[PDB]
Structure formats: C-alpha cells, structure tokens
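Entry overview - Coagulation factor X with rivaroxaban in place.
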Amino acid sequence: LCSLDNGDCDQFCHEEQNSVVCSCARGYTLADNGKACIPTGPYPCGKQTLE
Amino acid sequence: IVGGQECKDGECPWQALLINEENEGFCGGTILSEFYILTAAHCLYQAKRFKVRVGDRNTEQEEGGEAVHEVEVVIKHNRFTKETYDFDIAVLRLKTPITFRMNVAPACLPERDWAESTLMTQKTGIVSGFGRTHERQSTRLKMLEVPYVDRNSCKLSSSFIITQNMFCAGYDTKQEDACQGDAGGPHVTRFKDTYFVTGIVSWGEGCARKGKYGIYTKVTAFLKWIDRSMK
RNA sequence: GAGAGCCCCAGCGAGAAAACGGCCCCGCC
Ligand SMILES: O=C(NC[C@H]1CN(c2ccc(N3CCOCC3=O)cc2)C(=O)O1)c1ccc(Cl)s1
Ligand SMILES: [Ca+2]
Ligand code: NA
C-alpha cells in the first residue's frame, strides 16, 4: 500500500480501512484522481520559484 | 556551508537570514508561511536584537527583491538548553506578512508519520545558508546535499549527547557540511519535486571534521509544537 | 497508557525600564 511507491500519491499517503488515502500540504488541493496535489495559488509551499 | 553549490535563482526560496543591528547575518531561518519563520533556539542568544531578511542570494550586492521583516513575536521552545542544545527550535512571528515572489516561498510542513516513513528514510536532504565555507561567512547563499546518517553511528561519533530531538547528516571524511552562520536554517527533503522541512541546522563539532557530522533538530518531533506555535 | 509531584513556560490569559502560572504545545514517582 503506502510502502509501494507511496501509494501512487504526490505527497502524503496513509493506510485506511485496508486502502491507500492520499492528501496534500496546506496550499494544495487533491486532484480528481485522488492522488495528485494541485497548487491553489502562485507560490505553493516546497516549490522552487520560476518567475 | 562547506562545499556544496550556490543556490541558483529560485532554488532556495525558503531561506531566511537573521540579521543583527549591524546588518550582519548570523543565523538562518526557514519560511513556513507569510507570518512565520522556523529557526534554532540558540540563535536567539547570538545577537542583542535582530530582524529577518528574505529573498537574498548575494549579500554583497543589495539590489533586487530582498525584504527585511521585523519580528513581532519570538516563540522559543520552553525546554531548550544550551548545555545540551536539546530542543533547539524557535518560531518567529513577523509584524508584516511576507509577499511571496521569486526567491521568496515557504517550505512545506509534512505530516509526522509520513515524514518518518517517507522523508527521513530518503538517502539525502538539502541544507542551505550564508555561513562559513570552512571552519568567515559566505556572501552568497549556498546549498548542500547531506546524507542521512543512522543514529547509532551519529552517537558513537559525538562528544555530546545526541537526543531523540536530533539527527545526523553529512559525511564521515568528505569536506562538506554546514558551518558557523548556517544555524537555524533549512534542512529540507525533496519528494517528487516538492521540498519538505525535515531539520533545523543546530550544531556540529567544528565543520566538515573527519568522524563528525552535522547535527540537526529533528523537526518531526516538533511538528505538533510548530502547529501550536503558529496558532 | 493513566495519576501524582516538581521543574520549565520568549505562545494565549493575568500582572508589573517592553530572556520581565488559569489554559494550548512540551520535560523530568
Ligand atoms: O554551527 C556549527 N558549528 C560551528 C561551531 C558551533 N560549535 C558547537 C556549538 C555547540 C556545541 N554543543 C553541543 C551540544 O551541547 C551544547 C554545545 O556546546 C558543539 C559545537 C562548534 O563546535 O563550532 C555547525 C556545524 C555543523 C552543523 Cl549541521 S551546525
Ligand atoms: Ca542581495
Ligand atoms: Na565530517
């Protein structure tokens, strides 16, 4: 589960009722796929800056 | 930082610099939010009074997007001791919010259990700062990849007690380490192109000495204390 | 785990030349 490549999660992975659950740090939204983490604004935490 | 590389444009945007009355940098910090900076408790005993500079990369040339913020509140961990450097953590609340921009962005606070299972078990983390380049302070912000070192090796290596609020990172003999001036700064761990706060530069016996490592405050033991301290 | 004794408390309270114990985080029978 979470030991197999982080459960396919972008960020946090937890095991709940025999199943993977993905979540994200504040400033990110969980994507439609329940796995990817999507920045809400231009400077999300933990991202190197480009502009 | 001893060895390592310069932080190139936008590469270490969570770096904060604590600056004293004579605008001399003396400690690092990590940007957590618009209002909050993570630093070492022992950094509060170095300068008479201080402010926080963010968005700086070359101190010699002060033109660009640097900004100095005044500290409204200092939140030192009540259990910090200079006799052991145990509980070496503090949080600063700023009077003015930081405007995130190029070279100015917060590092992510991970959830604890995931941090323990997934970040602390990575091969390496990244340390940064404006500190000395050997055991003397850099005019440019530098970064360095430091391997996690197992606790038993760290404890055997050390002249001082390594508590559960500490971890080792760096190299046995290779001339790469944090140094004087980097204290309080970021140790962050990369996971899928996102950087998570995993340590605070705390102390070392010298810098890059053979059979010694960098000692970092284990942020995972303080994630709850950090949440409290950020209201 | 729990209870207790203490220690700590640069955060929310309260108070008295702005590191000066009611509550959140936290330490050591
Ligand atoms: O600032 C550093 N060291 C520079 C300077 C600071 N320092 C140094 C400072 C404090 C203590 N300790 C050890 C913990 O108990 C209290 C104490 O007194 C040991 C070494 C030292 O020996 O040289 C660092 C080196 C590597 C990292 Cl990571 S931080
Ligand atoms: Ca500059
Ligand atoms: Na070394």
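Throughout, a chain's letter reflects where its sequence line sits, starting with A, and its residues are numbered from 1. Heads up, header says this was done by X-ray crystallography, 2.2 Å. Note that ligands are numbered from 1 as they come in the structure, with each ligand's atoms numbered from 1 the same way.
- Put simply, copies of rivaroxaban show up as ligand 1.
- Counting only non-hydrogen atoms, chains lying under 4.0 Å from rivaroxaban: B.
- The set of residues with a heavy atom less than 4.0 Å from rivaroxaban is B/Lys82, B/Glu83, B/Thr84, B/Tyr85, B/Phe160, B/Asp177, B/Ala178, B/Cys179, B/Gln180, B/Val201, B/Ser202, B/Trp203, B/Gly204, B/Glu205, B/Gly206, B/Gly214, B/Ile215, B/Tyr216.
- Lab note: most residues of chain B in contact with rivaroxaban fall in UniProt domain Peptidase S1.
- In terms of protein heavy atoms, atom 14 (C) of rivaroxaban is closest to B/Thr84 O, 3.3 Å.
- Ranking the protein heavy atoms by distance from atom 24 (C) of rivaroxaban puts B/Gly204 N, 3.3 Å first.
- In summary, the atoms of rivaroxaban found under 4.0 Å from a heavy atom of B/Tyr216, numbered by their order in the structure, are 28 (Cl).
- Remark: rivaroxaban atoms within the under-4.0 Å shell around heavy atoms of B/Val201 are 28 (Cl), 29 (S).
- Listed by number with element, the atoms of rivaroxaban under 4.0 Å from a non-hydrogen atom of B/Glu205 are 22 (O).
- Nearest non-hydrogen protein atom to atom 5 (C) of rivaroxaban is B/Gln180 OE1, 3.5 Å.
- The atoms of rivaroxaban that sit less than 4.0 Å from any heavy atom of B/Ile215 are 28 (Cl).
- Atoms of rivaroxaban found under 4.0 Å from any heavy atom of B/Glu83 (numbered from 1 in listed order, with element): 15 (O), 16 (C).
- Distances below 4.0 Å separate heavy atoms of B/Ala178 from the following atoms of rivaroxaban: 25 (C), 26 (C), 27 (C), 28 (Cl).
- Residue B/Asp177 has at least one heavy-atom neighbour below 4.0 Å for each of these atoms of rivaroxaban: 26 (C).
- Distances below 4.0 Å separate heavy atoms of B/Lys82 from the following atoms of rivaroxaban: 16 (C).
- If you check which protein heavy atom lies closest to atom 10 (C) of rivaroxaban, you get B/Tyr85 CZ, 3.8 Å.
- From the protein, the heavy atom lying nearest to atom 19 (C) of rivaroxaban is B/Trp203 CE3, 3.5 Å.
- Considering backbone and side-chain N/O of B/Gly206, one or more are found under 3.5 Å from N/O of rivaroxaban.
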Find all protein N or O atoms under 3.5 angstrom from an N or O atom of rivaroxaban and list the pairs with distances, or write 'none'.
unit_1	atom_1	unit_2	atom_2	d
rivaroxaban	3 (N)	B/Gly204	O	3.4
rivaroxaban	7 (N)	B/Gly204	O	3.1
rivaroxaban	15 (O)	B/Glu83	O	3.4
rivaroxaban	15 (O)	B/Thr84	O	3.4
rivaroxaban	22 (O)	B/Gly204	O	3.0
rivaroxaban	22 (O)	B/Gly206	N	3.1

